[PDB]
Visitor: 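Looking at a model with dexamethasone; I have a few questions.
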Amino acid sequence: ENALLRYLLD
Amino acid sequence: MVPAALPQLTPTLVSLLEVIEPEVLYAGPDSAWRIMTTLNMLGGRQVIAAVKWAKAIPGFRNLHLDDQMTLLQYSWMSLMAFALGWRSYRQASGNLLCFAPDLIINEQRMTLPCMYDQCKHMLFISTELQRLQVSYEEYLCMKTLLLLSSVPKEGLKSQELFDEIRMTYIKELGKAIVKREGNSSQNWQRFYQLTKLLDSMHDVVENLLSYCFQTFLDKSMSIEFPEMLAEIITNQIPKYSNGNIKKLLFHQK
Ligand SMILES: C[C@@H]1C[C@H]2[C@@H]3CCC4=CC(=O)C=C[C@]4(C)[C@@]3(F)[C@@H](O)C[C@]2(C)[C@@]1(O)C(=O)CO
């Protein structure tokens, strides 16, 4: 769903 | 002539805000439809920089991951619009929106058909920073507060920590004001004024998101958004439209 935001935040 | 060296960090939140603040992005048109797409493409890059910035803010990464994602989704437009107001205010060259050093929108372009109604809201921030003569330190504190200004109605998973973090930056804004060396009475008045300006950002943002969401959704309008922005907006809308976004206010209103 929020793969990009999640990736950036990890 | 001095040697190469990094400036001295001190044990204060504002000294850290200053070091972690991203550098201004360069963008790298006389039709509103084209201008809009260009602004969005810049915006997506500025938002990626903003996510990296938020992860450096003392306390942020200690919040539950869902909390972090929600705060960013709820506040990105506010952070982007406030920074746009700042760059425009610091240009001191009149009513001009300074999206990037190589992308300025002057009075002539701001009045193109379809542009004024959206540019006027962005310009409002600039004229307010100018009217209050906001200092860089005050601006950094206020900008951090915008990241912590819109929450889910049901509360965050890390609510207690969030409340502590928020109070930390409210005090830091107070320290930035005090530092200007006004008297006690001026300090009280200024805290009132800057918190009123923070509250007024909620209304500004409501005007901007209206354009953001409609232009994003109406695929027939052929206004493009980069991937990152598209994903955020896609997730934000449901929360926004369901009335889940609670605006924290300093003043009753
Ligand atoms: C009126 C809205 C608010 C506009 C945004 C206001 C905040 C901002 C500041 C910037 O430095 C770069 C992009 C953004 C983040 C923006 F300017 C572009 O995205 C286009 C934007 C969404 C808008 O013009 C659009 O809806 C056009 O599609």
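Chain lettering follows the listing: the opening sequence line is A, and each later line takes the next letter. Note that chain A carries the PDB entry numbering, so the residues on display, from first to last, are 741-750. Residues 526-553, 559-783, in that order, are what chain B shows, numbered as in the PDB entry. We count ligands from 1, going down the list as the structure has it; atoms in each ligand are counted the same way. Looking at the header, which is where the method is noted, we find X-ray crystallography, 2.0 Å.
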Visitor: Hey, quick one: which chain has the most contacts with dexamethasone (ligand 1) in this structure? I'd like the name as UniProt has it.
Guide: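 The main partner is Glucocorticoid receptor.
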Visitor: Note the other chains with a heavy atom under 4.0 Å from dexamethasone (ligand 1), by letter.
Guide: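 By heavy atoms, the other chains are B.
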Visitor: Looking at atom 6 (C) of dexamethasone (ligand 1), what's its closest protein heavy atom, distance included?
Guide: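 Going atom by atom, the protein heavy atom closest to atom 6 (C) of dexamethasone (ligand 1) ends up being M607(B) SD, 3.8 Å.
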Visitor: Is it the case that dexamethasone (ligand 1) has an N or O less than 3.5 angstrom from some N or O of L759(B)?
Guide: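 In fact, backbone or side chain, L759(B) has no N or O that close.
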Visitor: List the UniProt domain of chain B that dominates the contacts with dexamethasone (ligand 1).
Guide: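 Most of them fall in UniProt domain NR LBD.
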Visitor: Nearest to atom 24 (O) of dexamethasone (ligand 1), what protein heavy atom do you find, and at what distance?
Guide: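 Here the closest protein heavy atom is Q648(B) OE1, 2.7 Å.
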Visitor: Identify the closest protein heavy atom to atom 17 (F) of dexamethasone (ligand 1): which residue and atom is it, and at what distance?
Guide: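 Ranking protein heavy atoms by distance from atom 17 (F) of dexamethasone (ligand 1), first comes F629(B) CE2, 3.3 Å.
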Visitor: I want to know if dexamethasone (ligand 1) touches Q576(B) in the polar sense, i.e. an N/O pair below 3.5 angstrom.
Guide: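 There is such a contact, yes.
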Visitor: Below 4.0 Å, non-hydrogen atoms only: which portion of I753(B) touches dexamethasone (ligand 1)? Side chain, backbone, both or neither.
Guide: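 Side chain only.
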Visitor: In the protein, what heavy atom is nearest to atom 16 (C) of dexamethasone (ligand 1), and what distance, to one decimal place, separates them?
Guide: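 Sorting protein heavy atoms by distance from atom 16 (C) of dexamethasone (ligand 1) puts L569(B) CB, 4.4 Å first.
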Visitor: If the cut-off is 4.0 Å to any non-hydrogen atom of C742(B), which atoms of dexamethasone (ligand 1) fall inside it?
Guide: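 Checking each atom against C742(B), I get 26 (O).
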Visitor: Show the atoms of dexamethasone (ligand 1) that are less than 4.0 angstrom away from any heavy atom in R617(B).
Guide: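 Those atoms are 11 (O).
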Visitor: What protein heavy atom lies closest to atom 22 (C) of dexamethasone (ligand 1)? Include the residue and the distance to one decimal.
Guide: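 For atom 22 (C) of dexamethasone (ligand 1), the nearest protein heavy atom is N570(B) OD1, 3.4 Å.
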Visitor: Check each heavy atom of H651(B) against dexamethasone (ligand 1) and say whether those closer than 4.0 Å belong to the side chain, the backbone, both or neither.
Guide: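 Looking at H651(B) and dexamethasone (ligand 1), no heavy atom falls under 4.0 Å.
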Visitor: What residue and atom does the deposited model show forming a covalent bond with dexamethasone (ligand 1)?
Guide: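 The entry shows no covalent bond.
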Visitor: Where's the contact between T745(B) and dexamethasone (ligand 1), heavy-atom distance under 4.0 Å: side chain, backbone, both or neither?
Guide: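 Side chain only; the backbone of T745(B) stays clear of dexamethasone (ligand 1).
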Visitor: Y741(B) heavy atoms, cut-off 4.0 Å: which dexamethasone (ligand 1) atoms fall inside?
Guide: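 It comes down to these atoms of dexamethasone (ligand 1): 1 (C), 2 (C), 26 (O).
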Visitor: For atom 7 (C) of dexamethasone (ligand 1), which of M566(B), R575(B), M610(B) has the closest heavy atom?
Guide: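 The option holding the nearest heavy atom is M610(B).
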Visitor: Please indicate, with yes or no, if any protein heavy atom is found under 4.0 Å from atom 14 (C) of dexamethasone (ligand 1)?
Guide: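 Protein heavy atoms within 4.0 Å of atom 14 (C) of dexamethasone (ligand 1) - there are none.
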Visitor: Which dexamethasone (ligand 1) atoms, with their elements, are less than 4.0 angstrom from a heavy-atom of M652(B)?
Guide: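 In order of numbering, the contacting atoms are 1 (C), 3 (C), 4 (C), 24 (O).
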Visitor: For dexamethasone (ligand 1), which atoms, with element, lie under 4.0 Å from some heavy atom of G573(B)?
Guide: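 The list of qualifying atoms is 12 (C), 13 (C).
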Visitor: At a 4.0 Å heavy-atom threshold, which residues contact dexamethasone (ligand 1)?
Guide: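 By heavy-atom distance, that gives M566(B), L569(B), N570(B), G573(B), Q576(B), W606(B), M607(B), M610(B), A611(B), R617(B), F629(B), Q648(B), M652(B), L738(B), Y741(B), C742(B), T745(B), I753(B), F755(B).
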